[PDB]
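We count residues from 1, following the sequence as given. Quick check of the header: X-ray crystallography, 3.1 Å. Reckoned from all heavy atoms, side chains included, excluding hydrogens, waters and symmetry mates. Whatever order the structure lists ligands and atoms in, that order sets their numbers, starting from 1.
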Amino acid sequence: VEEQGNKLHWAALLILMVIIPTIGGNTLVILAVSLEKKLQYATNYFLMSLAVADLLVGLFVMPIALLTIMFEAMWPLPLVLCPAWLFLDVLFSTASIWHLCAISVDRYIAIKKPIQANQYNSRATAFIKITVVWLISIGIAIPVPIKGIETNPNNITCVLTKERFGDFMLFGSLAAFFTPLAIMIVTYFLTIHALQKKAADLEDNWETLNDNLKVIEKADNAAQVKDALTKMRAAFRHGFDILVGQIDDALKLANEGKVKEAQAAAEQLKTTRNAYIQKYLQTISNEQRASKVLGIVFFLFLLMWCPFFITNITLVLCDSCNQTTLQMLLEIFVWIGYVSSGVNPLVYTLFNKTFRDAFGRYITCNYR
Ligand SMILES: CC(C)CCC[C@@H](C)[C@H]1CC[C@H]2[C@@H]3CC=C4C[C@@H](O)CC[C@]4(C)[C@H]3CC[C@]12C
Ligand SMILES: CCN(CC)C(=O)N[C@H]1C=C2c3cccc4[nH]cc(c34)C[C@H]2N(C)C1
């Protein structure tokens with residue numbers, strides 16, 4: 001008879017490359033938001049909340065998960081801690097995916113509606129959005145402790161069983177991964193359409209005011225400006241006004257009869273328009289550059305969680321598949337997601353200069 005051997009080396013490899021990078025990676029993100037006041041704004045409370053969720057995985061979920069790998073199938077801890085550990089696993093892992101969904105949506109509405117709210121009014125919006133995400137995560141994770149594990153059986157095997165959590169494995173998976181994925185996919189195309197439209201209207205304005213100064217440049221009479229300059233009447237909230245009244249000021253010279261004086265005044269908007277739309281051009285450029293980074297990073301997160309959730313629902317639907325050689329894959333695919341959830345806030349914040357500069361001095365134990 002050939003029995004299974006030791007697997008301590010795998011657990012050791014997990015500590016080095018999963019647990020330690022998870023706890024440490026999320027600790028840096030939390031510290032950066034907590035210490036550096038330059039990062040203490042509403043948007044980064046999604047990242048801090050997310051970092052906390054993933055931190056608790058590496059602290060209370062991942063270490064105990066080693067015992068399943070390192071020790072026998074029997075639950076070594078007290079029986080009461082079995083559904084709790086199962087609950088915390090589902091809770092925090094779901095919180096990670098739904099946080100990104102929240103961020104994916106929140107980043108989209110920031111593009112469609114640039115002036116969403118003030119600094120104060122958006123600060124409370126964060127807490128509400130964070131709370132909802134956590135409340136969603138609880139409702140998805142709470143079928144586990146309510147149902148419980150199978151209890152003359154003295155000991156217990158702390159594991160989600162297909163014969164019991166069949167509905168939960170299938171539905172929970174849909175509600176925890178495939179549902180936010182569906183949203184992040186929709187908001188993706190919504191974001192792509194938003195950016196290409198936001199720049200389409202800018203190119204429209206940049207071409208319609210240039211066409212109305214060319215007719216202002218080559219002007220024979222003030223009557224030629226009496227209809228052409230009026231077309232520019234409707235084209236930092238002070239931004240739109242500094243050129244509106246400026247264009248209206250030129251019309252005052254047109255009605256007065258000063259044509260040549262108005263043409264030279266129209267050339268004064270050359271340093272006004274260029275310094276304004278180019279400032280709004282990099283606004284879109286940075287908005288497009290930040291969304292592309294968010295897209296790829298969030299994609300890799302979901303992609304690494306894919307092998308688990310696709311296999312998890314397969315364990316339920318496919319009744320023809322080998323149960324033994326399918327749940328053994330789950331025992332590996334979970335850690336792939338654990339790697340994903342662990343380094344998710346870190347990697348995303350490595351593209352931010354302030355976050356990255358903060359991490360550099362926190363490793364050197366500076367803390368300002
Ligand atoms: C629990 C088991 C796996 C062992 C403990 C893991 C150790 C190696 C991990 C977990 C948390 C990690 C720490 C998290 C926070 C910081 C602050 C940072 O400025 C320097 C690195 C440092 C100090 C990390 C070093 C490595 C660390 C201590
Ligand atoms: C570590 C505990 N054990 C040993 C039994 C596991 O097998 N845990 C897996 C189950 C999970 C799960 C199942 C169903 C719906 C779900 N929504 C969110 C999650 C989830 C998280 C997911 N975690 C990450 C891995």
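- Looking at ligand 2, the drug there is lisuride.
- Within 4.5 Å of lisuride, most heavy-atom pairs belong to the chain that UniProt identifies as 5-hydroxytryptamine receptor 2B.
- Result for chain A: of the UniProt ergotamine-binding residues, lisuride comes within 4.0 Å (heavy atoms) of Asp89, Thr94, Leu160.
- Segment by segment, following UniProt's transmembrane list for chain A from the N terminus, the ones with a heavy atom under 4.0 Å from lisuride are 3, 5, 6, 7.
- Applying a cut-off of 4.0 Å to heavy atoms, one finds the binding site of lisuride to be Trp85, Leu86, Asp89, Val90, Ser93, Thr94, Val159, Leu160, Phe168, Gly172, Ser173, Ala176, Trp305, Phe308, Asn312, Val334, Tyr338.
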